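Consider the following structure, which contains ibalizumab.
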Amino acid sequence: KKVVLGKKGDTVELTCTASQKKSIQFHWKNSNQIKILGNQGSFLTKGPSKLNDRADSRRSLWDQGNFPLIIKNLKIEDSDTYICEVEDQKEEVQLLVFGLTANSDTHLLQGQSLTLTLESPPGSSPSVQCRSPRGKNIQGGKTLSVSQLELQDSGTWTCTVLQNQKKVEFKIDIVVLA
Amino acid sequence: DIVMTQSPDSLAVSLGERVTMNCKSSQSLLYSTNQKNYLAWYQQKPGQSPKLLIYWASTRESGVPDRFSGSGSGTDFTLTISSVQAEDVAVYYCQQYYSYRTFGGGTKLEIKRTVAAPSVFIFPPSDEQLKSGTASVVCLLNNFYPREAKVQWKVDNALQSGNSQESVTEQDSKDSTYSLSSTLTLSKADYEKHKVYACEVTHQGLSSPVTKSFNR
Amino acid sequence: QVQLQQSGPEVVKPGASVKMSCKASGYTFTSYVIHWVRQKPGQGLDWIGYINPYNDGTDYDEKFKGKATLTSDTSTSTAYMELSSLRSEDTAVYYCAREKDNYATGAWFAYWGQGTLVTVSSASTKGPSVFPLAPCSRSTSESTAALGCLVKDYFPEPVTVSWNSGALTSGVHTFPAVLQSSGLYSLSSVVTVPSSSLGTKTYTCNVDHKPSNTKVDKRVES
C-alpha cells in the first residue's frame, strides 16, 4: 500500500495499526524475509538484520495498537519494502531514502558554479527542483547545476526531490562571497 | 554511467541447439539490501520495437517461452535459449536499471539450417517506367541458404559491372532463408540498344549456375 | 491495454530542431515515468532520459544534456521530445517507453512506442514512383511465379508496402531500401504465388510514403 520517502542521515517512523485497540503481538521484517524486530509480552526482541543498531520501536504506543518501526541515521541502502505482521494480518510499507549534497563546495565566489548531486536507491527515476534565496526556480535530475552564482544566491536553497508522486524536501546552505 | 558490454556481437546457431549470450556491467547490479539484480533483457526483431523478455536478471516476462532463461549475478549475466527456434532471429539487448538506465550494445542471433537453392526470377522494366525515360531490370533470388550468392548481369553477353545494386532481406522468421534483389539501372536509350537481358546466379545449393533471361 | 503511439517520420535540416510526440493510453498518464531511447540505423539502443509526467520533472543522460528537451501534456496524455541543433549523425529511430511500475519497483521498460524515424538532411522530400514487377510472359512449366512492385526514388526513409490491403502476407518479401547514387532511396517488394493463379487473382501493392503524403495502390499484371 504505502510509500514513504526518507532523507539520508535522518530518522523515519513506519506505521502499523491493528484493528484491535489493545496490546497484541507483532513483528517487522524486510523483503529479503530477515526479521527486524518484534515482541514477547512487552519485551522487544531485535533480530538478525543489518538494521539492528539503528532499528527500534515505541514501547509506550503498543496499547493503542501502534507498533511503529523507527529507523535512525537512514542510509540510501535502507530503501526496501518493509512488512508488519499483526493479528495474522500483513501491512506493507515501502521506504525510499534520498540524499542531496553539494559535491565538495559550499563556500564559493561570485561568478562560480554550483553543482548538487542527488543520491537515490536502485531503480529510481527522480528529479529535483530548487529555489534560490532570490526565489529563482531551478530544475535538474541526477545533477543540478548553476553556472554563475550571484551575491544574492548566498543563503538557504530549498530543494525538492520527487519520485513519481512523493516528494522529500532538502535545505542547503550556500555561501557566495565577493 | 554504468557501462554494459555484450558479447559476442553476433552468433550463428543451428535450429534446436542451445545459445548463450553474455552481458557484463562495469559495476555490480546486485542490490545488497533486497538481493535483487537490476538487470533486464529485451528482444528486438527486425523492423520492431524492443520487447521485454526478462527482468530481475531471471524472471521471465508473462508470455515469453521458457526456452528463454536468464542467470548470473553482480557484474556478469547470461541469456540462454535452451533450444533455438526459427522465430528467435533477432538482436538481444541487456539493460541495467540499477542506477539510471543503460543498454549493452546487442547480440545479433542468426540461424543455421540446411542448404536451400534460390528460385530465380527476372523482371523487365515496365512500360510505365520506360515512358518516363529510365529502365530498371530486376533479378530476384528467392528463399535460399546460406547467405552467400553471386549475381552476374549480362546484356547481349556483355558482363555488367558497377551499374547494379543488391539488397538482402533479414532471415525469414519461418523458414530461416534469405531472399536477394538485384537491380540493374540503364538509361532508356541504352536499354533500347540491346536485346538479351540475363542474370546468372551462383549458389552452393545449385549444381551449376542458373540463368534467367528475356529479349526486349 | 497500455499503448504508446508515436508521431510520424520527419526530415529535418542540419542545424534545425525537431519535435516529436508519444501518445499514451490505457493507464493513468501521471502514474509512471516515460523514457526515451535513440537507435541509429543498424546500431544499438542509447538511453536519452525521462520525464515524470506528474510535474514534468526531467533527467537526461550525460550524452544528451542540451541536445534533448522533454515535456508532457497531461490533458492529452502525451509526451514530447524536442531535439535541437541536429546534425547528420543524429539520423535515427527514437522510441518512448514506459516503466513497468513506479517507486523503483518496475524500473525496466515494459511498454514501447513503435518509434519515429528522424532523418537529418537539407534535401527536399520526394514521393516514390511505383512500377509493377511482372514476368515478361506469364507462364511456363514453372509451378510458382513471382510478382512485385518497384518503389523508386523517394526521400527520406521509410516507405511501407502491403499487398492486397494486408490480406496477402505469405510469400511476401519487402527488401531493405538501397540509397542510390542520386541520393534517393529505392526498394522492391515481391511475392511468390502459384503460376495457375496469374490472370485470375488480383495482386495489388499498397505503398505509403508518409513524409511526402504519397499513397499508391498499384495492381500488378503481366
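Below, chain A is the first sequence line, B the second, and so on; all start at residue 1. This entry, so its header tells us, was determined using X-ray crystallography, 2.2 Å.
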Legend entry - Structural location of ibalizumab, copies included: chains B and C
Inset, instruction - Give the name, as used in the PDB entry, of the chain with the most heavy-atom contacts to ibalizumab. - result: T-cell surface glycoprotein CD4
Legend entry - chain C (ibalizumab) contact via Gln165(A) - side chain, backbone, both or neither, heavy atoms under 4.5 Å: both
Legend entry - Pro122(A) versus chain C (ibalizumab), the contacting section by heavy-atom distance below 4.5 Å: backbone
Legend entry - Between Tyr60(C), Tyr103(C), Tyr54(C), the one whose heavy-atom pairs under 4.5 Å with chain A are most numerous: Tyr103(C)
Inset, instruction - Return only the organism name the entry records for chain A. - result: Homo sapiens
Inset, instruction - With a 4.5 angstrom heavy-atom cut-off, could you sort out which part of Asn52(C) is near chain A: side chain, backbone, both or neither? - result: side chain
Inset, instruction - Under 4.5 Å heavy-atom distance to chain C (ibalizumab), tell me which part of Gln94(A) shows up: side chain, backbone, both or neither. - result: side chain
Inset, instruction - Give the chain of ibalizumab having the highest count of heavy-atom pairs below 4.5 Å with chain A. - result: chain C
Legend entry - Heavy-atom epitope of ibalizumab on chain A at 4.5 Å: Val3(A), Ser31(A), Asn32(A), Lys50(A), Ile76(A), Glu77(A), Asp78(A), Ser79(A), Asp80(A), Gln94(A), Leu96(A), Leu118(A), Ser120(A), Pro121(A), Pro122(A), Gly123(A), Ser124(A), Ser125(A), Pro126(A), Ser127(A), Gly140(A), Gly141(A), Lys142(A), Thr143(A), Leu162(A), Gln163(A), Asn164(A), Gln165(A), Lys166(A)
Legend entry - Antibody ibalizumab: residues near chain A, heavy atoms within 4.5 Å: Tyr31(B), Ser32(B), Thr33(B), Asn34(B), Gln35(B), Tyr38(B), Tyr97(B), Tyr98(B), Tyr100(B), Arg101(B), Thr30(C), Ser31(C), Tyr32(C), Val33(C), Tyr50(C), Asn52(C), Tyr54(C), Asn55(C), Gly57(C), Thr58(C), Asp59(C), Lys65(C), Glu99(C), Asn102(C), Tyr103(C), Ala104(C), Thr105(C), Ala107(C)
For chain A and chain C (ibalizumab), give me every donor-acceptor pair shorter than 3.5 Å, distances to one decimal.
residue   : atom : partner   : partner atom : Å
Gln94(A)  : NE2  : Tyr103(C) : O            : 2.6
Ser125(A) : OG   : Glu99(C)  : OE1          : 3.4
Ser125(A) : OG   : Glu99(C)  : OE2          : 2.8
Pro126(A) : O    : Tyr50(C)  : OH           : 2.6
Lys142(A) : N    : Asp59(C)  : OD1          : 2.9
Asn164(A) : O    : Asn52(C)  : ND2          : 2.9
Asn164(A) : OD1  : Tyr103(C) : N            : 2.8
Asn164(A) : ND2  : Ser31(C)  : O            : 3.2
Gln165(A) : N    : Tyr103(C) : OH           : 3.1
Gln165(A) : NE2  : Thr30(C)  : O            : 2.8

Legend entry - Name of chain B in the entry: ibalizumab light chain
